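Data first, discussion second: the structure below is written as structure tokens.
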Number of protein chains: 2
Amino acid sequence: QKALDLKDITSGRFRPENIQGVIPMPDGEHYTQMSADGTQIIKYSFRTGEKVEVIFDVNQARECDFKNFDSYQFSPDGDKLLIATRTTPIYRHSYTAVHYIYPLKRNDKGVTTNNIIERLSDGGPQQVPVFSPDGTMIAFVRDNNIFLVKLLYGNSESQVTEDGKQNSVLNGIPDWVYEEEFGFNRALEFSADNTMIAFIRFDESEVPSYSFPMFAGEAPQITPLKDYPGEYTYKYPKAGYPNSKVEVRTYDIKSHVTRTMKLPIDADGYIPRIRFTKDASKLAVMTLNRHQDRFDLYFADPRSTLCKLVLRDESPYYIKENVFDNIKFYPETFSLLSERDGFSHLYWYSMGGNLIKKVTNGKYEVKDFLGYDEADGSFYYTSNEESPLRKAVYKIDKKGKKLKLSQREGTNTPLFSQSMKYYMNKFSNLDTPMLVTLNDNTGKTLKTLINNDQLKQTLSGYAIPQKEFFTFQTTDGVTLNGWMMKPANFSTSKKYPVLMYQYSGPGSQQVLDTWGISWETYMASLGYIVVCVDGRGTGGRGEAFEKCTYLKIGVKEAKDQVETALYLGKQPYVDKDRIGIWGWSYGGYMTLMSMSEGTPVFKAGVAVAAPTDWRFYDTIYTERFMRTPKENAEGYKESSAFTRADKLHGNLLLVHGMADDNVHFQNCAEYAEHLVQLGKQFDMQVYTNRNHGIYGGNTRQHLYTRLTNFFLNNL
Amino acid sequence: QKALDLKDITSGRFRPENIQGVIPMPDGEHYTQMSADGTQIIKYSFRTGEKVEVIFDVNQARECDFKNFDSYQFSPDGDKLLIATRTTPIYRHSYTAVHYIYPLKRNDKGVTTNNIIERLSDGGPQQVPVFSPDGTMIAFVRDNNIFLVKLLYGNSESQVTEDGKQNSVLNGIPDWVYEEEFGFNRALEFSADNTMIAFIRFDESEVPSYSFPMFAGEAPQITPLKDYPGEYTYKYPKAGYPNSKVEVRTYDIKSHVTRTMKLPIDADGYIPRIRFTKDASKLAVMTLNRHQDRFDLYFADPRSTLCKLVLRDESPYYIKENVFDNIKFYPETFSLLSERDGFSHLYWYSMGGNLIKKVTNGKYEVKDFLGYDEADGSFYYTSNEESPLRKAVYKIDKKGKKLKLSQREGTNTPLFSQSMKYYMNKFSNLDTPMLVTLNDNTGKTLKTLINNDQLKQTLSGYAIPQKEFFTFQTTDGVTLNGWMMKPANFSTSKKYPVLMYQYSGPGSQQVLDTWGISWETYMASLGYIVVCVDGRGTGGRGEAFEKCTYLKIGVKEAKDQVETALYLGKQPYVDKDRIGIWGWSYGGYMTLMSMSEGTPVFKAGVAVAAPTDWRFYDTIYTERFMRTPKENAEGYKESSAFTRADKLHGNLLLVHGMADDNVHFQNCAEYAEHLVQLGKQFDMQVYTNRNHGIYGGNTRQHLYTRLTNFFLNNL
Ligand SMILES: N[C@@H](CC(=O)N1CCn2c(nnc2C(F)(F)F)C1)Cc1cc(F)c(F)cc1F
Ligand SMILES: N[C@@H](CC(=O)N1CCn2c(nnc2C(F)(F)F)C1)Cc1cc(F)c(F)cc1F
């Protein structure tokens, strides 16, 4: 019966027990994980779940200068560990860290804990270090150049590129927009030979600069800025501006000759990935055109420079970013996820580019390709075949027989062993916070490592609202999925205020059979009905449902949020005059769109870190859905929150971080002044030195307290 | 009985009729004024108030390319008019304008309207043009250099200085901080000879730069910034940073030789003014030290460069800026306002520097010295001898007899004729919006030009709260003046919420017997008791009362605002739990100080454009009261709103303009983050591209609507 406390939510007091840093060892029988302390790396058996041994310990390693470590990686051989310390984030995926090599060699007592640890580099902190296939070399990036460490040669460090320059030329790591929008941090590969390095070189010299102020602030304090403010500058192309010029280069480890691949790509095209195949003489180069609807897979010869078109996959809309990391190479074959038939499905290709078979078919979506077992010819993947709200692990055999491997319905995230014999399963649903099991490739639970019983017990003493799923029919006959969360004291006799939550961005889903206690859960415990509906444009229901928004985003999503409010307003326990809506990022943009759709259904709303005109956002994301402002002028105008701002109805709170390198604070500053000149009253909360995550010290608690009080006062 | 409408207040619908651009002509019998149209300049008699003639008309002037004009100036002779068009503000006092010379020569019909108008310069817009004593030359500034126009030589334009450079060297106009804090826009003078030009040269090259973003915005839209924002940069030294290096230079009109005056000034001193005397060979140079408590008046020879100390005036606190423009030169004598005896009083000096007499004495303050009539030896000035709430015009004869010239008690602002024979009087009090009379130097009303009867009649239909003055005693026995404004329906039976308004800055006063209808008046008509009290630190009551705050500003002012709230809270018609406070500029800073003084008396407050730590503010103002941060570390800490922020009590709204070149938006951004990390909830309203005035298009209406709703919701 006690009441949830927001501070418990924001401080993560109900964060379920989990396992971090799980890496399948090459042997195929074992996995390693990080200790909770962050001070040990411990080996375990997939088959039994038994602790085999502690392989690494900060208090039991020689010349180890760090107290805790952040992350780690095994050499492909299994004899060395690359360990990262002092991890310093740059953008969402990039960071520097001081890395260390730890050899896994047994001593006189047969233990791997008393070895000596070698600083990976006597120079400065490193980016994206990667082992060569034999484990004898590590390539890394620092100051936008590539460096090579030869472990057989005294950790011999050589400099591969000399033209790296800040805000000008990047070697082996992507620029801001590629990193954010193709979702990756490394373009740096070794050949199966161990003889060649391949990398993408980004020339962003003629990409526009963007700069915003930095104040001293607090948590952290930037002390040089105590009296006079400073600034942050970086390359960021807005919609329709020029992107980096990119090319693929190779470096011959024994020769030291650098070569450029002769890739026939459009001047304004992209190279979202490179990947060495299992063939030593074949480097996969993935390329898109600027409209992002033609994916061309090339095989480049790292020595001759010759590039051969292997596959062309085309769309009347666009190719999604998630395809690229589902391309896995094997001696004679490779996988490909494609939406050609209207659903995300798995295709199996020969290494000549020749379609062997369509592995999955049906009106469901494959989410991830987990791997192929050559022993039986069988494919492992996750999908939502059960329902768009769920994900389960599946196996399809060589003849086409499908078996679902998950024991329980909800959200199943598997991490397979090297051999596909075993997998670790992390599971949740609305009622299960986390349950971690070890399973074999038939689905049998070999061991239950974590059940989160202690969490359930602690929770037992609190009065927890419960989510329930529901569907309803829009006025044009579309089924929408949503969840509804009612106070634990709910009465059909009483009428209640409503808080709608949504994200609503292309391909996204927030209606998922998974567990959480969030700020929404807290709102529900304060007496609100909290509802979340995934409108048109969201993922999991195939291409037509997702991409009906193409060239004019936000409009259809906004009507479906208005339709959701009308439907709630008809319910006898809902006070239609007290309906609020909020969201963050695309969700904040959708709050503005929805509150100014024309039907005055919302009393109040909060838009956090909201884009307000798509011309302020970046090239790769915006153009994927909208093309450029010059090709799609009317679409940009119609998708803009500015155009419909005179119909804004309800009390609005705009929240933004002033150091947002993702949705620039420009969005909020320009939109607010439009609102001022229209005579619309609204409220603001701007956060000094905060980015798109708005976090730091007491910031999140402060922010959710502000949102709580805003809806308490306006609903 | 109708209700005031805020939109009428912000659109200036009750702005009293007045007269603009009143200039006393040299003859001493006449004044000129601008038409309301802005299209005519019309001559009138002081003696009779009769219209003599229209001297200038846009529709009746030849080769006149403008529809309206902004301002105008007469040649010292009376034969030419310098007229300004296209006035473009830069800071509070500086602007560029395209000027035109119009000769006042009669035609065949005897009229001055059909003449030809000459563009003052074929080059670009000009700054601070000034006539030579004979009227044959005009000096002006453009692009930080001095130019000379010789009207007897075909409007011959020559360039006096060649080293002017933006953000580097200014000739003849002050930098940002001198302009704002010594209150002037021109350091450019001709000798009585008409033979020499003198000017101050500002070298701000080593003053720090400050930059803030500019967005496109609206009203005005900055169209180049529609996609990518820009910035504004200028020189602005914060407290304790270096000021411009300054010197006085002269240019020999016939010789073209430039010379530097040998002024013995401290390295870090100021030259707040230069002024040519009635002696052709004597240039007054006014200088302060950096502590601003030693005013040294020098007489410089423009040819020999030799400078002679004429007067030293010293203070244990500081010399106020208002003294400099009260120094008026005569053939054998000059005036000086000084606070040496503890009150602002008028002193009469010989031109050798030798005190002839103390003209005024008593425990009241002289506000302005209006002039000296040599015929009777008599002095004209304004003072508050009646009460700190009032100002009247006074005359003191050669033998010491004093006569008060004003007919009515309240606020009397006089503009004397060249000869001191007549003056124009603008008058108001709590009940008189504006009454404009013409009076002779005994006080007799010769004519009443304006009575604002129409305004009174329009007002008659509205229900107007009325101000009344009051005093009360603080707990340490100090008498404070305040005004109280109650709703027109006031009842002693009812209990009411309170809105306190204050400015509270050193030497300022808001409790004045003068007329206005403001946002406060609107709040009163919505059912609030609105109170304003001038606490310790404010002006008009002598040096001890004003400067008891020296070296630790804000603390004492804040206690007196808390004492005002306690006193109001004891009244039976005041609900002590519903007391709010607000202010703008220093008044916004005082809102924070007062709301975090420690006694939790305020329910809510609004701080507009508030300084929050004095180290963020500029050198001349801050140091006048606080010296530098390095000399007064503990004083800066104790005056800071940051230090006491943990005691903030009540709901706060912070309002700021993001392009504030005066109180940088840094103040608000740094303070808000301090509040976030302390866990204090507050509200914000930031205004894109707005300066310290926060105005533009619908901005003011939007802003006062926001303040109204904030107190309505929190009180
Ligand atoms: N910038 C966008 C990034 C994104 O949408 N994807 C990149 C990463 N990704 C995606 N799909 N899978 C992956 C990942 F697995 F690589 F991470 C799509 C997200 C995003 C959308 C907005 F409208 C906005 F205002 C801010 C914002 F940060
Ligand atoms: N910057 C200050 C200027 C001033 O106080 N004087 C300059 C002009 N002046 C004065 N006294 N007479 C005159 C004038 F007649 F010259 F105008 C004093 C005003 C001021 C005080 C603050 F705390 C602040 F946060 C902003 C701000 F703009």
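Residue numbering restarts at 1 for every chain, and letters A, B, ... go by the order of the sequence lines. Atoms within a ligand are numbered from 1 in the order they appear, just like the ligands themselves. Recorded method for this deposit: X-ray crystallography, 2.0 Å.
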TODO: Name, as the PDB entry does, the macromolecule that ligand 1 contacts most in this entry.
DONE: btDPP4
Open item on the list: Hey, which drug is sitting at ligand 1?
Closed with: sitagliptin
Open item on the list: Help me out: which other chains have heavy atoms closer than 4.0 Å to sitagliptin (ligand 1)?
Closed with: A
- [ ] For sitagliptin (ligand 1), indicate whether the residue A/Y503 contacts it via side chain, backbone, both or neither (heavy-atom separation under 4.0 Å).
- [x] side chain
TODO: Using a strict cut-off of 4.0 Å, indicate which atoms of sitagliptin (ligand 1) neighbour a heavy atom of A/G183.
DONE: 16 (F)
- [ ] Would you kindly specify which portion of A/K320 sits under 4.0 Å from sitagliptin (ligand 1), judged on non-hydrogen atoms: side chain, backbone, both or neither?
- [x] neither
Task: Which segment of A/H93 sits under 4.0 Å of sitagliptin (ligand 1) when only heavy atoms are counted - done: neither
Open item on the list: Below 3.5 Å, N or O to N or O, backbone or side chain included: is there any such pair between A/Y621 and sitagliptin (ligand 1)?
Closed with: no
Open item on the list: Is there a polar contact, in the sense of an N or O pair closer than 3.5 Å, between A/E180 and sitagliptin (ligand 1)?
Closed with: yes
- [ ] May I ask whether A/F324 places a heavy atom under 4.0 Å from sitagliptin (ligand 1)?
- [x] no
TODO: Can you sort out which atoms of sitagliptin (ligand 1) are near A/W614, meaning under 4.0 Å from one of its heavy atoms?
DONE: 23 (F)
Open item on the list: If the contact criterion is a heavy-atom separation under 4.0 Å, does A/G505 count as touching sitagliptin (ligand 1)?
Closed with: no
Open item on the list: If I apply the N/O under 3.5 Å rule, does A/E321 come out as touching sitagliptin (ligand 1)?
Closed with: yes
TODO: Distance to 0.1 Å, residue and atom name: give those for the protein heavy atom nearest to atom 2 (C) of sitagliptin (ligand 1).
DONE: A/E181 OE1, 3.3 Å
Open item on the list: Does the residue A/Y617 have a heavy-atom contact with sitagliptin (ligand 1), meaning some pair of atoms that are separated by less than 4.0 Å?
Closed with: yes
Open item on the list: So what's the organism behind chain A, according to the entry?
Closed with: Bacteroides thetaiotaomicron
Open item on the list: Could you walk me through which residues contact sitagliptin (ligand 1), taking a 4.0 Å heavy-atom cut-off?
Closed with: A/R92, A/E180, A/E181, A/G183, A/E321, A/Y503, A/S585, A/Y586, A/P611, A/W614, A/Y617, A/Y621, A/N662, A/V663, A/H692
